[PDB]
Trainee: 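Dropping a structure here in structure tokens format, bear with me for questions.
By convention here, the first residue in the shown sequence is residue 1. Whatever order the structure lists ligands and atoms in, that order sets their numbers, starting from 1. In what follows, every heavy atom counts, from backbone to side chain, and hydrogens, waters and symmetry copies are set aside.
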Amino acid sequence: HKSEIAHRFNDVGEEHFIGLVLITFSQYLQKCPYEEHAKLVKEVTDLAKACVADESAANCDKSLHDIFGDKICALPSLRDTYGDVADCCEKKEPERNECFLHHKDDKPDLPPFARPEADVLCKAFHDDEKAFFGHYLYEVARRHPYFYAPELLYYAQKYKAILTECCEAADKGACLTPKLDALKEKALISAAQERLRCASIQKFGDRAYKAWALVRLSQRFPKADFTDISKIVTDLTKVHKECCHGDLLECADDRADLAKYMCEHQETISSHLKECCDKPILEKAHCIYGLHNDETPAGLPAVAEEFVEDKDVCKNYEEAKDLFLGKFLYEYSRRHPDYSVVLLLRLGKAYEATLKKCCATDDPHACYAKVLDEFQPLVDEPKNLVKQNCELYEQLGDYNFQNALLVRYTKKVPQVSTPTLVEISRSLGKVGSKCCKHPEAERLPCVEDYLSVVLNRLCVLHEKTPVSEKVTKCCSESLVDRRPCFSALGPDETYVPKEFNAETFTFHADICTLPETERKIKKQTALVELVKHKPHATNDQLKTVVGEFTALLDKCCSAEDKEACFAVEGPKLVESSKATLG
Ligand SMILES: C[C@H](C(=O)O)c1cccc(C(=O)c2ccccc2)c1
Ligand SMILES: C[C@H](C(=O)O)c1cccc(C(=O)c2ccccc2)c1
Ligand SMILES: C[C@H](CO)OC[C@@H](C)OC[C@@H](C)O
């Protein structure tokens, strides 16, 4: 393997190679049209093929970054399409590659992912599968420039499974949509989980992600020994570092090598692996990625005996910190399948901080004897929040619960851009729908782990154009304390309210063309803007002025001439709003 391109082509096979290269280009160049990307893919794939034939062929010895780079720059369009991706080809490797990476956009300016009509969609699918899935991987990857690439391949396969079933049946849409919405929601959660893994590695270092993986894998495979869970964490950290950095072919090859390793060792890892290890490669790794927890081995000693009683606690911590704190996370997490990963990391942090304090005293055991008892308040803190918010979710339902959170978050961090506030509050709402229904003991980990990915999305959206200082502080001070940090924010009483824009409540007629989902987004946008104008208004005053947004909408979109309805109701809403809010 002196030729990388040949080595990856041979390892992943033509079909995945082509998909991974398409995703690679789609993530780096999110604005470029499909045609350009398919050209680059063929050019790279032709080069791959020339090298597999004869490793001595021209460019066969380049790095994958060189090859992607040399194909990108030779392309006619880029400098006109992009201002600052013109900039990058003005560097050499590794600077050139690093540059492309920093331009990845977490919210590229693109219209929503078009879901054509059921028969239309089924027709495209039968017409030309290859073109259909190429467009699919492009449209998702460009909108989610850190999506776990091997998993995006899996989603394309699932999408094909769903189409194959539904497209032939008597009603199309009726079969299709509940499945395509299930799939979309599962893929969005996948993208948000991977975005958190990349942000952990990139902002906080490999160790931030290794501790998170150690905890999760300890809980999933508690019968595995610390050595094996450690080897898996190491390999997984490498896989995610590669995928998060755009080394998609290496990431897919390494992930497939890991799945193969775990299958070849399943007896000593988990009996639950047999489900997965019988499947084809993408289903097999997907299955492993989300596998349900094994049962805890019977007969494990009391966790106090290694971590509080052993005379060598301070010695171990001082002489081999990561090994000893890793063993702490492995032992505590395997014993606690029903804690969120983040709580287990916060307990790991408290245990560490207690050792740091206690081991510098005359009597460390006297100092840290109660360390494990001192966890309970941390355990109990996320409980009260979950119970109060899940009863509010139960009572208000999705739409009003989202509204409630929208008003609460806009008052906490009112400098945040309205689209971000809307998107985050809507996501925080979906945590209610996903989590509140589970038995109480599964609720905590569901909610807490889900809130991590939603807050990380807020942090990554805010990172690029920082506008609020509390968000910068909560996002930058920790990974694991982000949720308590945001929880503790009261209303910002420092923010100067915005004065009243006429232009905020009339969006011409294009609004009349929007599906139900988008109308609600528009209402929610108006709500955020009302809160930014009048942060002290009552919930009922807010609702009223939105109710009157609901009217001016129904009115012009019930009326023959919406435009003339606009002159009559648009300012008049300026008026009725003054009446209601002052
Ligand atoms: C009174 C009620 C409660 O606490 O039981 C409550 C509390 C917070 C929010 C809301 C809303 O649904 C809402 C809807 C639109 C705009 C603003 C608020 C309702
Ligand atoms: C952290 C943040 C805050 O309050 O600062 C917040 C906002 C809304 C809800 C929750 C929840 O715990 C929760 C519980 C059930 C469903 C969805 C969210 C937490
Ligand atoms: C191109 C090929 C069509 O048969 O795509 C099928 C879907 C399921 O997968 C996408 C490829 C890239 O793995």
Trainee: State which drug is located at ligand 1.
Mentor: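 It's dexketoprofen.
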Trainee: Which macromolecule in this structure makes the most heavy-atom contacts with dexketoprofen (ligand 1), going by the name the PDB entry uses?
Mentor: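 Its main partner is Serum albumin.
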Trainee: What protein heavy atom sits nearest atom 9 (C) of dexketoprofen (ligand 1), and how far off is it?
Mentor: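 Heavy-atom neighbour on the protein nearest atom 9 (C) of dexketoprofen (ligand 1): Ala404 CB, 3.6 Å.
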Trainee: Side chain, backbone, both or neither: which part of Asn403 comes within less than 4.0 Å of dexketoprofen (ligand 1) when only heavy atoms are counted?
Mentor: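 Under 4.0 Å from dexketoprofen (ligand 1), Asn403 contributes side-chain atoms alone.
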Trainee: State whether any protein heavy atom lies less than 4.0 Å from atom 2 (C) of dexketoprofen (ligand 1).
Mentor: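 No, no protein heavy atom sits under 4.0 Å from atom 2 (C) of dexketoprofen (ligand 1).
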Trainee: If you measure from each heavy atom of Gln395 to dexketoprofen (ligand 1), is any distance below 4.0 Å?
Mentor: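 Under 4.0 Å: yes for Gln395.
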Trainee: If we only consider heavy atoms of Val546, is any one of them less than 4.0 Å away from an atom in dexketoprofen (ligand 1)?
Mentor: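 Contact check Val546 vs dexketoprofen (ligand 1): negative.
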Trainee: So if I count the atoms of dexketoprofen (ligand 1) from 1 in the order they appear, which ones are less than 4.0 Å from some heavy atom of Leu527?
Mentor: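 The atoms of dexketoprofen (ligand 1) under 4.0 Å from a heavy atom of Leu527 are 16 (C).
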Trainee: At a 4.0 Å heavy-atom threshold, which residues contact dexketoprofen (ligand 1)?
Mentor: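 The site of dexketoprofen (ligand 1), heavy atoms only, is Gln395, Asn400, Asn403, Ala404, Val407, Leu527, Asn539, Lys543.
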